[PDB]
Number of protein chains: 2
Amino acid sequence: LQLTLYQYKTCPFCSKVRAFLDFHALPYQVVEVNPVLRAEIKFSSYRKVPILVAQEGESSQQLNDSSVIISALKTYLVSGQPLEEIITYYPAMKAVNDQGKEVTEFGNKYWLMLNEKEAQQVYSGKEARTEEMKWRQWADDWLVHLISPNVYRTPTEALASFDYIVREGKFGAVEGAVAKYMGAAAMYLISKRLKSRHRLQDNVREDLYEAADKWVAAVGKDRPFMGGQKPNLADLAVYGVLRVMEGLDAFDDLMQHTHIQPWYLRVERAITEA
Amino acid sequence: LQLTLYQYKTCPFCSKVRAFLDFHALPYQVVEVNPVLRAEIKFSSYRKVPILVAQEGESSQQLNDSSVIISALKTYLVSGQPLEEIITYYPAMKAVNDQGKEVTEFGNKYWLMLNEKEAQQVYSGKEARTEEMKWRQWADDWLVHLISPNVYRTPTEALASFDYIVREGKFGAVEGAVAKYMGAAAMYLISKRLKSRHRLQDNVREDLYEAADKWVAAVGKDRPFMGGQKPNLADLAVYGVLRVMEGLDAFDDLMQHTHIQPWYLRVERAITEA
Ligand SMILES: COc1ccc2c(c1)c(CC(=O)O)c(C)n2C(=O)c1ccc(Cl)cc1
Ligand SMILES: COc1ccc2c(c1)c(CC(=O)O)c(C)n2C(=O)c1ccc(Cl)cc1
Ligand SMILES: [Cl-]
Ligand SMILES: [Cl-]
């Protein structure tokens, strides 16, 4: 089973898949996609990243959605059922938006296709299973929306963010320089609207701290991770979404004003502990 | 187990739930909602219909999404697991649209929460289970979109449709008269755009026939219903969506130019056969 992960290193969706693969010590190769030309992903009809293709000898499968990849690869690690069958339980559901745009959502993306036996093996109980599902959805439907407005909240921050994005990502020496200044500007302004459209406060930092606190309270103090002893897909989902800001002011503030570090560091070492 | 179904009689979403309850000969009461004031539904935070509340003695549960109601009530009929636990597997997933609107989708809405045993009891095999799921989604993501443009396609048709909607539904003698002419007009124009936004052909009837044919070919000629011997959630989904046009020109045309009647009539008697 050879895993190749096509990604945008600094993207919360790719970090999410990495947090999962790393935690389960799964071996994979990563091909960094060029956000401007995206030639490395032009083999797929699915036009979003991450994309993960699993090769099993002569056979191979393309897992598209970041939440679907984790769900499919996970039910696979527990059930051992063929990946080509498992990916069949998370179908791409096409529909035309109320604006005429063709959206594609993936069915059952936060549900592991597990039987009673294996389910009892990975979950605390029925309520633990539906809880991570709810928090998996929160991570990318609410939490990720707090990244941009926060890392591009100030012109200085916007430049630091794109410096890190271009340095961390794949850009030609030329488009790198352009994207560094041009992209920081566009994103600084563009995020001013993302902040509004998503109904964020004026002090976006406060929206970040609230979510952070809302999370640690959810984890509670009776357990190290929402998953209990070890982190579960929900712990790894929030971790993966937040790690993306590591090194930026947003992250330092997060750690300094929220009491989220203990859990964060906990999920980190649980990962480095392969 | 007392079932109360709040609905809009002539709506495909309510017809879908009725087609299911009827087919399983489930006893329920229906309270017709006034589309204008909707007072009869103002007990629910969920602001869409159908809504189905199941009362079990002193306890009661509100099942909101038309596909979720069918999925939950169904897994319940097979597993016997408490409804209050079952509805827990189809969570409301909130998110803010790219336009700033708060949309709510229901997780795993087309997946019955069944174990190996019961699943083998209700499905032909693994491929039969994911096939109805795919056709359940088609019914409401593609098929329903062909109803309005087709039944409001012409001014004469628009009036006949609203005559039937007001006669079939719950409107005050006054607002009924208004809605009959005012609503027919609004819908005739409004559907002119629905036809465009949804990328429908100019001859919307053709879109209807194609879908119809696409369905009968899917069912094939080796089985009476997509579900084999008896109809399954996919057969009942398409039937429920189409019945809504019964009596209108659109429906007569459908039956006359598509070879869909045989299956349609087959699902009808399978239902009347309680
Ligand atoms: C190279 O491509 C990127 C990089 C970062 C991205 C995205 C795409 C998308 C979009 C997508 O997945 O296509 C989101 C939401 N990103 C961020 O959250 C983000 C993270 C850290 C910093 Cl410093 C600044 C921004
Ligand atoms: C009273 O309320 C109604 C009635 C009909 C409706 C809807 C709501 C919705 C919307 C909803 O569920 O809120 C859709 C999509 N309807 C139709 O398909 C339709 C069916 C038959 C005819 Cl003749 C004309 C139109
Ligand atoms: Cl593209
Ligand atoms: Cl500023």
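The chains carry the letters A, B, and so on, in the order of their sequence lines. Using the PDB entry numbers, chain A covers 100-373, in order. Quick note: numbers on chain B are straight from the PDB entry, i.e. 100-373, in order. Remember, it's 1-based here, ligands and their atoms both numbered in the order they're listed.
The drug located at ligand 2 is named indometacin. Per UniProt, the macromolecule in most contact with indometacin (ligand 2) is Prostaglandin E synthase 2 truncated form. Using a 4.0 Å cut-off on heavy atoms, the other chains next to indometacin (ligand 2) are B.
Heavy-atom distances between B:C110 and indometacin (ligand 2) reach below 4.0 Å in at least one pair. Of all the heavy atoms of B:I264, the ones lying under 4.0 Å from any atom of indometacin (ligand 2) belong exclusively to the side chain. Residue B:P134 has at least one heavy-atom neighbour below 4.0 Å for each of these atoms of indometacin (ligand 2): 1 (C). Counting atoms of indometacin (ligand 2) from 1 in the listed order, those under 4.0 Å from a heavy atom of B:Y263 are 23 (Cl).
Taking every heavy atom of B:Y251 and a limit of under 4.0 angstrom, the matching atoms of indometacin (ligand 2) come to 24 (C), 25 (C). Under the 4.0 angstrom criterion for non-hydrogen atoms, B:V250 is in contact with indometacin (ligand 2).
Nearest to atom 2 (O) of indometacin (ligand 2) among the protein's heavy atoms is B:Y107 CG, 3.5 Å.
Atom numbering of indometacin (ligand 2) starts at 1 in the shown order; those under 4.0 Å from a heavy atom of B:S260 are 23 (Cl). When distances from atom 10 (C) of indometacin (ligand 2) to the protein are checked, no heavy atom turns up under 4.0 Å. Atom 20 (C) of indometacin (ligand 2) has B:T109 O, 3.0 Å as its closest protein atom, hydrogens excluded (heavy atom only). Neighbours of indometacin (ligand 2) under 4.0 Å (other ligands and ions): none. Shown in contact with B:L347 at under 4.0 Å from a heavy atom are these atoms of indometacin (ligand 2), numbered in order with element: 23 (Cl). Not a single heavy atom of B:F261 sits less than 4.0 Å from an atom of indometacin (ligand 2).
Each of the atoms 14 (C), 16 (N), 17 (C), 18 (O) of indometacin (ligand 2) lies under 4.0 Å from some heavy atom of B:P111. Here is the list of indometacin (ligand 2) atoms found below 4.0 Å of a heavy atom in B:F112: 12 (O).
Under a heavy-atom cut-off of 4.0 Å from indometacin (ligand 2), the UniProt glutathione-binding residues of chain B that qualify: none. Remark: indometacin (ligand 2) atoms within the under-4.0 Å shell around heavy atoms of B:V343 are 20 (C), 21 (C).
The heavy-atom binding site of indometacin (ligand 2) at 4.0 Å consists of B:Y107, B:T109, B:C110, B:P111, B:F112, B:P134, B:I246, B:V250, B:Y251, B:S260, B:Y263, B:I264, B:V343, B:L347.
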